[PDB]
**Q** 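Below: experimental structure, caffeine bound to Glycogen phosphorylase, liver form.
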Amino acid sequence: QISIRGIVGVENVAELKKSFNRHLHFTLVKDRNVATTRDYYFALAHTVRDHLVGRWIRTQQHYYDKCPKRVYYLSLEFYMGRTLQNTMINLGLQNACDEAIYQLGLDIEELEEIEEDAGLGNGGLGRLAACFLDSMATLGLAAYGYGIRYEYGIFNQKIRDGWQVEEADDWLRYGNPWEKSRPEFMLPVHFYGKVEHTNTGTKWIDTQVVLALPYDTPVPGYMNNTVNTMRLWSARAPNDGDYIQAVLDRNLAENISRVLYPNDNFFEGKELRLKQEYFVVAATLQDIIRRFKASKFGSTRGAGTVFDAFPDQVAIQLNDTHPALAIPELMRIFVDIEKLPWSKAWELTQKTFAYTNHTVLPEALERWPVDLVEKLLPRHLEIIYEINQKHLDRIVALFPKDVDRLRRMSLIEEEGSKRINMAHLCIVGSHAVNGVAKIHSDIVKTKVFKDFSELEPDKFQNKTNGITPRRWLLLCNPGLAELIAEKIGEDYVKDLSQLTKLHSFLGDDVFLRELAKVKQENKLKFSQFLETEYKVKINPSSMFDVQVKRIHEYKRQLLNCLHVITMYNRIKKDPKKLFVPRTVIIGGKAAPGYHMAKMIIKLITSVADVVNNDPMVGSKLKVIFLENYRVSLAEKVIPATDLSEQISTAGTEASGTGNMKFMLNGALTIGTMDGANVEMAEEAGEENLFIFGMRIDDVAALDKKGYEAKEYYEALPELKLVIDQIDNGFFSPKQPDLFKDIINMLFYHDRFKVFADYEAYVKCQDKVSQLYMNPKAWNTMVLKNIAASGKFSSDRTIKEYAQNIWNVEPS
Amino acid sequence: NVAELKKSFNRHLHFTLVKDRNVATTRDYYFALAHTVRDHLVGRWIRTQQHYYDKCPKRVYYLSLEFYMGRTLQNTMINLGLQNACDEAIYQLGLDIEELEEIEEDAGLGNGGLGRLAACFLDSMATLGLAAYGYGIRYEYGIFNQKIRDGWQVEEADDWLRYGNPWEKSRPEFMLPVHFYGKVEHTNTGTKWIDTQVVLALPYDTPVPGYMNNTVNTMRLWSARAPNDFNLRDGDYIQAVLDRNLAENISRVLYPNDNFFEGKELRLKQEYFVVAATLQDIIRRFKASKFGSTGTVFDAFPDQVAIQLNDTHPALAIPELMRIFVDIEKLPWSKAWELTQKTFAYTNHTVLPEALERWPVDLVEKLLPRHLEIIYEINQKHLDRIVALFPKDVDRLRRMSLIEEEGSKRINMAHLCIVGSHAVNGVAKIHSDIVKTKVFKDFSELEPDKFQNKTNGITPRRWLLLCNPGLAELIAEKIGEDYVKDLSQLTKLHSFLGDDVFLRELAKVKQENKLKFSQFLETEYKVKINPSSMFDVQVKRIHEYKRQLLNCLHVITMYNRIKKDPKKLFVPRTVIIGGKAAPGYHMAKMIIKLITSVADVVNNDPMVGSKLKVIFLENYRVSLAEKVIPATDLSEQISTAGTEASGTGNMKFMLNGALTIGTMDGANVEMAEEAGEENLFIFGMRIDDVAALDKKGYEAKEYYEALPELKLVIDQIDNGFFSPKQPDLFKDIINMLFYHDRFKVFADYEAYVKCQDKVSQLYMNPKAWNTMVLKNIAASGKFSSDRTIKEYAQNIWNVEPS
Ligand SMILES: Cc1cc(C)c(NC(=O)Nc2cc3ccccc3cc2C(=O)N[C@H](C(=O)O)[C@@H](C)OC(C)(C)C)c(C)c1
Ligand SMILES: Cc1cc(C)c(NC(=O)Nc2cc3ccccc3cc2C(=O)N[C@H](C(=O)O)[C@@H](C)OC(C)(C)C)c(C)c1
Ligand SMILES: Cc1cc(C)c(NC(=O)Nc2cc3ccccc3cc2C(=O)N[C@H](C(=O)O)[C@@H](C)OC(C)(C)C)c(C)c1
Ligand SMILES: *Cc1c(COP(=O)(O)O)cnc(C)c1O
Ligand SMILES: *Cc1c(COP(=O)(O)O)cnc(C)c1O
Ligand SMILES: CC(=O)N[C@@H]1O[C@H](CO)[C@@H](O)[C@H](O)[C@H]1O
Ligand SMILES: CC(=O)N[C@@H]1O[C@H](CO)[C@@H](O)[C@H](O)[C@H]1O
Ligand SMILES: Cn1c(=O)c2c(ncn2C)n(C)c1=O
Ligand SMILES: Cn1c(=O)c2c(ncn2C)n(C)c1=O
């Protein structure tokens, strides 16, 4: 990275200070005598952005000059977090900027903390897109992310009287120094209208128009010359009763990009959401085609622009089914506008698109009513019906007698209200389909889409998820990054598999102590934060037991809560008995319409109030509901964690990525054999994780036999006490019936079988406590996790997409 | 200097626009230049703020719902002395600065004269070194863009901020809360206005450079935003977020009415919004000042603050200041009221009844319950004094009340402004006299010294140096450039009377302007323009009182004369009429359609040819005014006597070498006083003649029957000559002219046409024409807004130019 001492190094810092002062003066228009911390943040942000402009421009020129095949990552979500520190690190500028800011008499941490998260995602899906952008830039791929510039991202969460409340995430209030508005590149998007079938062919007419205006954010590679782009579209009314009302009604078009739908793993079939999906797809495809036509591969024949080489120059990855409309939109452009024959257009379409499936939970599946699609996108409905007809004609030819197979494989679900199965659309319109962990990809291929995989074996793949070690180690845990570098060099950042070199320090007491010291420093720093936000006295010798992720029945924060109450009851039963102290932290947002998740939050805060204030418990056990969990807060809590809770019901968590973050940062994992937890066990050795509970076949057996929650309740005395306390008002004395809905769910409607894993979970937790009392054995197991975490770099993931799906090479 | 401007341009294109030159747009170049120029005033902007903090001059706050600012690039270059160096830098970069200048959107945050006065005043106050800020609303959409479709006005949203605004700086850190609705409790710790809805006011600051000095003042415009904090009093999450639009709608769009009151609740919200944010900001600045430390600190407030109310639109400033002083700062009513009167002054801009702001009490009670209480108390103490002085005069109470009781009760906002201000002024001598001695006679009798005149003015930066550099240069070469800061120096040009070499130079400047504008006209309208024709121009908002219709009758009169005798001598004219109609103003829209209909016939009649062409000049606005005004030979200023409070277009034309045809109305009267009445083409009824015809009764039919030329014109309009596919299209106009014409179009037709004949005669004698032009230009000095501001400063604000 850029030097700070010596002749040149002194000048580097000098220039940065000069640029900072120039921005404060000319850009912010403030004298130092009236400037605030926020002004200083913005002055530094502009200074840092200026430092990547040369590479950003040169990267665009390079892609134009050499025509590498381009990768377009199309997603409704990019969960980017804060940009300042990540950019400084990737540009090799952090040391120099740190020094400049220090010499100016300012506190760099304070400036960095001013920045709002770009919270343009819900959880793992959106964050995967963000990690992927970093990795694709670091590997030199010609890759752009395309999404929506929501005016409001994921809501800011507060807790009031123990319940979640939502506030608007007004992240653009003070502006965004990391985007460049580019209205000259605006493109039209059409809605409603009708289809006309005339002598000149099929026309989509009488439509309403909304403009898509792009905003570009730079995506710097780690220590290279690549600066890629994230292009996010914002909706505007076209410029073309009551004049005043007509002007105000421009708000209706602009509402398309107003707010991120705050649902994680849950389908809500709202018209505004469908508009968002078509909006991002239509603007993105027009932009991609425009760039292709301007490129050196752009050429024209009698029949118009030649698209033969389009899939040799363009790969589009569909992040879940949310941008599934890209398939019929590309066909619409090829057939209605460019006049290609259907067969040729369909062939080009399949070669262009690949689809990533991110969940098998039924409630998450996009099934759009046909009548809604007919109203909003009539031509796309026609095109989808035609795709389905030609799809089913092939199936009839292959399997003349199998009538049910046609029903199973149709893109249309015909019962009651007819709906479009967007996953089926994505499968037939793409050349590759992948899941996000071995266990999940297998379920996708061999169970959920069995009929499709049988006819096209080689279509279905696995690409196990990953995380970027820039944000999720170098940035969030500089202490650990430094320790690792001291022992094995700094080449691990670009090749994370080099972490296996840490195995040379097995049995090295000095290293095991240094590792523990890093964790302790992180815990002390985070404990400062906790004690300023919450009325709690944190026991500094306690095990930090952490479950942070979106609040879900399938992720089973509720199971964790049952264990918290169990520990509480053991303490009250035997005050003098040995207890390994814990700070139990549970955090995450509930989708605002998700009743059971909101009840689970209230249960946790209610339990916390009892546990934290019981003088017989004291420093043995404290419980924190960590508010407003999001990317920047994840960067704080993850490095401070000793035990990572990854306890989804086997078969429900497609991959997980929080699990990987915790593993890389020195926490041990308690979890089920679900998602990538299975592969973490493969890499580190199963005995080096705290694995428990039903596996996917055990869940299947219990489903076959039939799940009777009451049997576990009657059989397990400790469970009985916990449940009776919750049901009878022990945790809600002013409102004894408060948790009725949770009890009813647990006993009669628990699709995720909390009680069935309780016994194994509590036994497993007891083993965790035992190991924690032996620091040498604890930290030895930690070392074995960190040293085996290399597979989970998103650089590895991206190389696999590049080689086996996109057909592009790292550069 | 040139070398560094080029370097700065390139740095902004690279780092600010993030563009390689190989993919740059013309707009990119405009923005790179705009940032380069803005950078040159930042030092003085910051140091001006420091200076006002350090030395504590009394501050002037110009509070207006409108700032009709036009474009900023050229104006800034001129005031900083950078225009010539920028032109050369841009030329060396292979570009044309005039092309870049055309990229900029107008800041069209006004309707017409009232908003443009505020803009001229900001330039003048900065040039004179006054510690002055303009306070208004940052409308997301300004005055609509006007298109003409099938001869009719159509409106398009003025999306002026689409590509950003390089001449503002957002300052969300200085946001302030504004309250609406709610209810009042009169508690033992004071009156509390509670359970209100809150809207945040986010300020955006635009620099206001003085001409060639060290002053850069500020225009601070507020933008509405929804609050974020959760309230325990707090449905669908998505809908709740979308509904933030409702609060943000307050600053969405300028109400596009000129001289017309529309009592919409959203407009009332706009008025309170600008007032509450502005007063809060002024008090914050006051408390932080050296005078903020001190029996109350506010004793010095009116020695440190003047607030000027631009018309009654920010009238709520009076009860708002009382609310803050009494409810928040805990001052006794008597002290608060004393301080309030000494702080505020009010400018009245019209006596037309349809323009008068009268808010229904029930609307104010709902939206601003505490302000209604305060207005009632102001009124009670007001009427108590009147009863004490005139115990037997019951009707005088009715006349002077702030409340009109007749059925639907309403608040007379002008009355509120009068009682709560120490000074009230009209905007030209004729108008200020009517305001004092007729409209508000009851008030002036009790407080004679309260009522003043301040005749309007225009800035000679935008309206001479910028719009007409040839004329500015020519004047400067003869008498130096002291006239820019003291326009009365133009009287020195009188000495060049009889200098035929100079008169030819003057004529050549006009001719160059005409050729350039002819190119614009041929580009935009594809009509062939006769270079030797008199450019006869009426540009201003479309109004019955401004009488574009009367002009149209003269146009048709000329057409008919040509068709009746094609061999006869005819002095050729290009007749240009332009202006926007308020969208709800039916008659204005009919008048536009009549003009475009007449134009279509006149322009395409082969018997007429190059003798006469007619243009409806589309999308009239500040930047287009700068193009047409310098190209004008004859300026039309033909409002009915007593209806135009002042006018300012009239002054612009006079400064730029046009002769004026007009009535003795508004400032036209003072233009005649300065230049000599014989050097204007004055015609028609005077204010006393209009009163006499009102007394007698106006019967339009009598003029129609007595004047053969009028009859022909009217019958043609009436019977479909100008609308053959829609013979009765103009029925509404005809009905109005005969039975409901409050502005007496026919009554001035004869004098108007006879006057127009004299203009044509003079235009055939270039020496005599240009002699009269010189006498107009040389007598235009009074109409500098620098003169106007000096008088406000001395006689109203009590501040000294610096
Ligand atoms: C309208 C405006 C214009 C400019 C150029 C600035 N930037 C700026 O540096 N202004 C100031 C510089 C100062 C330097 C030395 C001493 C005092 C200075 C004051 C300002 C300045 O504009 N003061 C501000 C003002 O007068 O509105 C704010 C910060 O002060 C209050 C909160 C009390 C109202 C600011 C902050 C506002
Ligand atoms: C996303 C983005 C990023 C950057 C850094 C820029 N700015 C910029 O200068 N870009 C380019 C520079 C080039 C220099 C030499 C040769 C080619 C260059 C191309 C670009 C560039 O980004 N080209 C743009 C693009 O690829 O989207 C536009 C202008 O081209 C199309 C309209 C055809 C799509 C632009 C304009 C867009
Ligand atoms: C034959 C002829 C030639 C030309 C060039 C013109 N154009 C024109 O406007 N010419 C003049 C411009 C002047 C400008 C300022 C001062 C004096 C000017 C004089 C003329 C000019 O040519 N004057 C002529 C002359 O002196 O004979 C005629 C037009 O003037 C009278 C009608 C009074 C006889 C005209 C109008 C006629
Ligand atoms: C990584 C991350 C997630 C994904 O976590 P899982 O435990 O895999 O569900 C969700 N939210 C945030 C803020 C994250 O950083
Ligand atoms: C100066 C001006 C006005 C005022 O013109 P009047 O003829 O005095 O009514 C109105 N609109 C614009 C754009 C102006 O420049
Ligand atoms: C639909 C959706 O958000 N799915 C989520 O996707 C992420 C990223 O692949 C997975 O890690 C996670 O297990 C899964 O729940
Ligand atoms: C209410 C309103 O806009 N009034 C206008 O104000 C301007 C500026 O004072 C005058 O010149 C003009 O005659 C008058 O019509
Ligand atoms: C029942 N339900 C919801 O209602 C819901 C949800 N996520 C958001 N919402 C509204 N999930 C995951 C869910 O299971
Ligand atoms: C009747 N009327 C209007 O209706 C109107 C207007 N200005 C705007 N509107 C709507 N004027 C001046 C007017 O006289």
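Numbers restart at 1 for each chain; the letters A, B, ... are given by sequence-line order, proteins then strands. For ligands, and for the atoms within them, numbers begin at 1 and follow the listed sequence. Below, each value reflects all heavy atoms present in this structure, side chains not excepted, and no hydrogens, waters or symmetry copies.
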**Q** Where would I look for caffeine in this thing, copies and all?
**A** ligands 8 and 9
**Q** Within the structure, which other chains come under 4.0 Å from caffeine (ligand 9) at some heavy atom?
**A** B
**Q** Which other ligands or ions in this structure are less than 4.0 Å from caffeine (ligand 9)?
**A** none
**Q** Mark up the atoms of caffeine (ligand 9) that fall under 4.0 Å of a heavy atom belonging to B:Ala582, in ascending order.
**A** 7 (N), 8 (C)
**Q** Can you report which non-hydrogen protein atom sits closest to atom 12 (C) of caffeine (ligand 9), along with the distance?
**A** B:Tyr585 CE1, 3.3 Å
**Q** With a cut-off of 4.0 Å, which atoms of caffeine (ligand 9) are near a heavy atom of B:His543?
**A** 12 (C)
**Q** Which caffeine (ligand 9) atoms, with their elements, are less than 4.0 angstrom from a heavy-atom of B:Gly584?
**A** 4 (O), 10 (C)
**Q** Closest non-hydrogen protein atom to atom 1 (C) of caffeine (ligand 9), residue and atom name please, with distance?
**A** B:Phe260 CE1, 4.0 Å
**Q** Please list the residues near caffeine (ligand 9), using 4.0 Å as the heavy-atom limit.
**A** B:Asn257, B:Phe260, B:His543, B:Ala582, B:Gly584, B:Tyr585
